[PDB]
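Structure with iberdomide present.
So you know, we letter chains A, B, ... as the sequences are listed, proteins then strands, and number each from 1. If you're wondering, the header gives X-ray crystallography, 3.0 Å. Order of appearance sets the numbers: ligands from 1, and atoms from 1 within every ligand.
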Amino acid sequence: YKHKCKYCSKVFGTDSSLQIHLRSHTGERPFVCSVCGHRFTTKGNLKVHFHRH
Amino acid sequence: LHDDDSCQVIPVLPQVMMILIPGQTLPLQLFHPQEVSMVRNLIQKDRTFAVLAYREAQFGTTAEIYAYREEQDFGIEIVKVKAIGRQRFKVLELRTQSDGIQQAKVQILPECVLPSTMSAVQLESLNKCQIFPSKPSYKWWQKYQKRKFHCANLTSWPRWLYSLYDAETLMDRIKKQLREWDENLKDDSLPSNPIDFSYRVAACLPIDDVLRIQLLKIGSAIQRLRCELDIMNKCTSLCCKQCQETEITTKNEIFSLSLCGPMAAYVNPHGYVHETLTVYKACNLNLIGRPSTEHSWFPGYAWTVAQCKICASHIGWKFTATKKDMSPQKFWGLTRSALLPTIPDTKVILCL
Amino acid sequence: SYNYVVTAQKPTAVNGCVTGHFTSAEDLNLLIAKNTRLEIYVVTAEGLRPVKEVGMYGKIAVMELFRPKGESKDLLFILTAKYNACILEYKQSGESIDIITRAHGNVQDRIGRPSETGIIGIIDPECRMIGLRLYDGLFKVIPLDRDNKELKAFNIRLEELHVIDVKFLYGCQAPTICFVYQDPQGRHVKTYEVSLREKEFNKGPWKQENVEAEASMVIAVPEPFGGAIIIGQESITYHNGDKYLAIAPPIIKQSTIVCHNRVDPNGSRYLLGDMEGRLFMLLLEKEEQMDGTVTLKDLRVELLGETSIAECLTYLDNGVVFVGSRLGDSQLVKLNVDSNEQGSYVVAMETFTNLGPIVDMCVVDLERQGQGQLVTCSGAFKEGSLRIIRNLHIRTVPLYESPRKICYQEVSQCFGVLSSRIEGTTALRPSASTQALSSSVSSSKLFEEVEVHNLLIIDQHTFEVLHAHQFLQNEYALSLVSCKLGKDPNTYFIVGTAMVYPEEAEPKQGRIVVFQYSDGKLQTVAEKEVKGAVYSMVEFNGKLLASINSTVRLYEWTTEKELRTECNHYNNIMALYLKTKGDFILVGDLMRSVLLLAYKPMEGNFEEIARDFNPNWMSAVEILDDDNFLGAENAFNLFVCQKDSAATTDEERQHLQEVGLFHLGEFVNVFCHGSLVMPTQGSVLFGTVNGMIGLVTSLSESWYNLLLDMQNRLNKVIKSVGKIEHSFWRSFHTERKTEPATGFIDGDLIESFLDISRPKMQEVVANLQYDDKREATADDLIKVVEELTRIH
Ligand SMILES: O=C1CC[C@H](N2Cc3c(OCc4ccc(CN5CCOCC5)cc4)cccc3C2=O)C(=O)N1
Ligand SMILES: [Zn+2]
Ligand SMILES: [Zn+2]
Ligand SMILES: [Zn+2]
């Protein structure tokens, strides 16, 4: 479904519910791999490591 | 329960990439409506869907749903479902339908039930002595081999050969090394049926995917036992599946922190299952980040992402202790999909 | 492939012996079961006189005589291993002797697990039912009323699923069965009453819990006393209601009693045979009371003497007993009132040669006349012997130990025989190894009952053991080969061994020893250590092929008289069977995995040509030609597979297609190319466990289609004992499968064409087609079967 958090890949029902959670990823490495817990600097870096699973 | 060699059209989950052993538990967590409604309709029917064996699949196993839970959190309906493998099969035709799901025309394979080797050579005057008093030792086995295989003097092979094909003797030899990986289980826990026993060890060994397929396609259960025992005796070193040659850990490091054996299936905060093998020492691993206790599969321990030193692929997590009164204060949790059983060099080949 | 199998020698082992009045009420008969055959003799004062021998389309599993009320003579019930039930009556009209079938059926249930203690078949003393124990937890009852001609039956659930032995009790009000069973608590004896009207089980008169740990036999005592005698390893006990007696004689502890027979119709005397040939007499000492009753006072066991390792015992008359043996020769023995000079009351009368079990054989041209002679390793333990079979004239060379492998070395005019003897350890008896003219023991340093293996050098003329070479301690000799190697002009004896230790399951070390017999001793011309068991060896064009566990390896003979590894080929199956033809190499394991390897002479390595994995217990294998391969598998079946003729894909060429399936009815232990004689191509002899020697020859497609037609036509004019059909008998059989036969022709049924009436010979040749395409006159087919009777 849509309304998916770009950092942890959790899907929410409404875009409203997306934003209220978006500021739990406070930090320099907010992108987390939903498979192993690897944290990354940018979204593209998380994508490359994700597609190596 | 389908008939042997019969045909069935069984639905398939398009996001289930896994080799399923009969009897092995398959944990699922579905978000999509087509996947969710398909689970519910199986419950009010046969609860049987197909888990294909790999994207070209040739064999596979049917899965029966034995658990179902519903969570309506964050406006998204979460459906978690546990299944158990049942019957092996060979795929005849794969046909994708309207939604993301697909149907599979499928032929059920039969579980080859073979009699004893001496079922044909035993003399009827000694048939009355074929039942032995049950096991109360290593001299009891020297009598079991002598008594059960006495009629080998009527064939061209000795008794010690028929033991290597004796189902009951091979399970005990596998039980020995399995207990070295777990200080619990005891003589029970593992099933007594050789067919059920072989499928449990198939799902218990830390073996890669192409080795799991070979155990599925092995016909007789006696052959499945010999090949399994061959893997434990020869493949003593576990290397990184990616770079093939980087040895992560060996066989003597395996132990059981969780009572459910040295390799239980755990779920991560996003539904991904991880058949995690717990070992004491590990090699050629880089720690990523600092320890964390969030969603730890072992209470009292903190996990840290561990990656291969050479190929930089994910191998598992290192678990350190958050308390002093806990032993071991450190251990490694290596996921299965990252390891590759390797025969250390001196050409050794797995034998059926 | 189109193949043709004919019996060259009928099974010789004895698996059953009952006495009674089958031919006439006055006559005393002895009925002997030889696997697929049934011999009927009339017991005379002189000895035994043959009356009629018939064959069956099944392996006789239970053979018992009985006489229901209102019947002239005794009737014969026979059940085959394929569950063909039949009641048979003897009938003679002057000289036409025929075994008529009074009733027949198939008692096989689709469900049920075949019991661990085998098929048991018992009959009520008053003949009102037939009790069968085929599956665990079930008991099939066949009412013995003369309206059950199809042998309809019903089952009764058995809460005791591990039954050891069961018998019908004598002198009981209702039909009572008495059996011994085992459960987690121990071994117990329990009795049930059968109601042929309620079709269920009623409470039995008595039961005794905690019987002997290894109680194995139930002997029903006749109505003078009733009850049952339970015999195990340590005890002989008598039970009846609340009457108990028990003895533990030290004279029956060295072995286990495995067979019994009643001597007097009152159950006062019993004969007991053990696993080693001993013969005991179980006497029930009775005490005569004053009110007309006779009580049972004590049980007494005395050792009578030694016979052949007895599978079945039966007392005849005038102290004459028939000892039916599977391992060795069956015999008629005479018992005396007084012991002889060595304390034995048993003296031999007649001996019937038993070729089984044939564990190895070889075709030899002894008299150079191109005739062909079969020399086999037969017997087990003290019954071991060599048998020289001719055209059949059988010579017997006893060895008093177990012979395993044989090979003939013509240059030495001698036979090389592998053997094992059962034993600081001392021999139990003088054996061929202990009585050799010269004796050597091996030295290497490279590496209760115990096995001692020896290579015996046996003269081709006198058959005296010239030399006995004792192998290493804990060494198990597996292979033996006689061949010339490389450039060496000497012919050698090659032996492949394995180091077996009760602690290690799989062998990790073995030897390949090169022997030479030049003067009167054996010289060890170098050896080679291998890291596994040398299961098989074959000469491969001046080189030595060998199996080491899962490894096939080609060895070369250097000028230093040593073995040097040339090339290896590692298999994923245990290289157990090894047969070669030219540069082709056939490999097989115990689980019917067939592997074809080709040695590439220009590359100096092996190549895998084809493969076929069908999990089943294989016992022997052999190469028919460069494409077709024959083997033996469970249960008592034969099979042929071939390299696929459709040479389209590389995939398809690596698959061996199954082309022949056949229920031989015998357990083949060895295949051997050769013939006993001076149309068809190929000649493969095979020896079996029951002592049967058979032929395997390949037919053209033109003949095969003809003999298959004559098969279905000769099966319509031949009466089968029990009304069993050849199609059912010859169909590939295992507990999981039932599939008709293919690619095989039963020569025995074809040869029965020369022995049928001419009015019936025309019945089968009518509407026949012979591709010489005209019709087949009755005389064209005696010509084809006359030529097919010449292969053996
Ligand atoms: O033993 C082990 C080894 C490591 C393994 N972990 C931890 C982990 C994460 O760990 C950080 C984290 C954990 C839990 C959360 C909670 N959320 C849930 C989703 O919605 C938002 C809130 C968030 C972040 C984050 C992503 C993946 C994994 C992963 O596979 C594991 O589970 N147990
Ligand atoms: Zn998020
Ligand atoms: Zn990751
Ligand atoms: Zn790596």
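One finds iberdomide in this model at ligand 1. Of the chains in this structure, the chief binding partner of iberdomide (ligand 1) is, as UniProt puts it, Protein cereblon.
For iberdomide (ligand 1), the other chains with a heavy atom below 4.0 Å are labelled A, B. Binding site of iberdomide (ligand 1), heavy atoms within 4.0 Å: A:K10, A:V32, A:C33, A:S34, A:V35, A:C36, A:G37, B:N268, B:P269, B:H270, B:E294, B:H295, B:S296, B:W297, B:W303, B:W317, B:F319.
Of all UniProt domains in chain B, the one holding most residues touching iberdomide (ligand 1) is cult. The source species given by the entry for chain B is Homo sapiens. Result for chain B: of the UniProt (S)-thalidomide-binding residues, iberdomide (ligand 1) comes within 4.0 Å (heavy atoms) of B:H295, B:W297, B:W303. The PDB entry calls chain A Sal-like protein 4.
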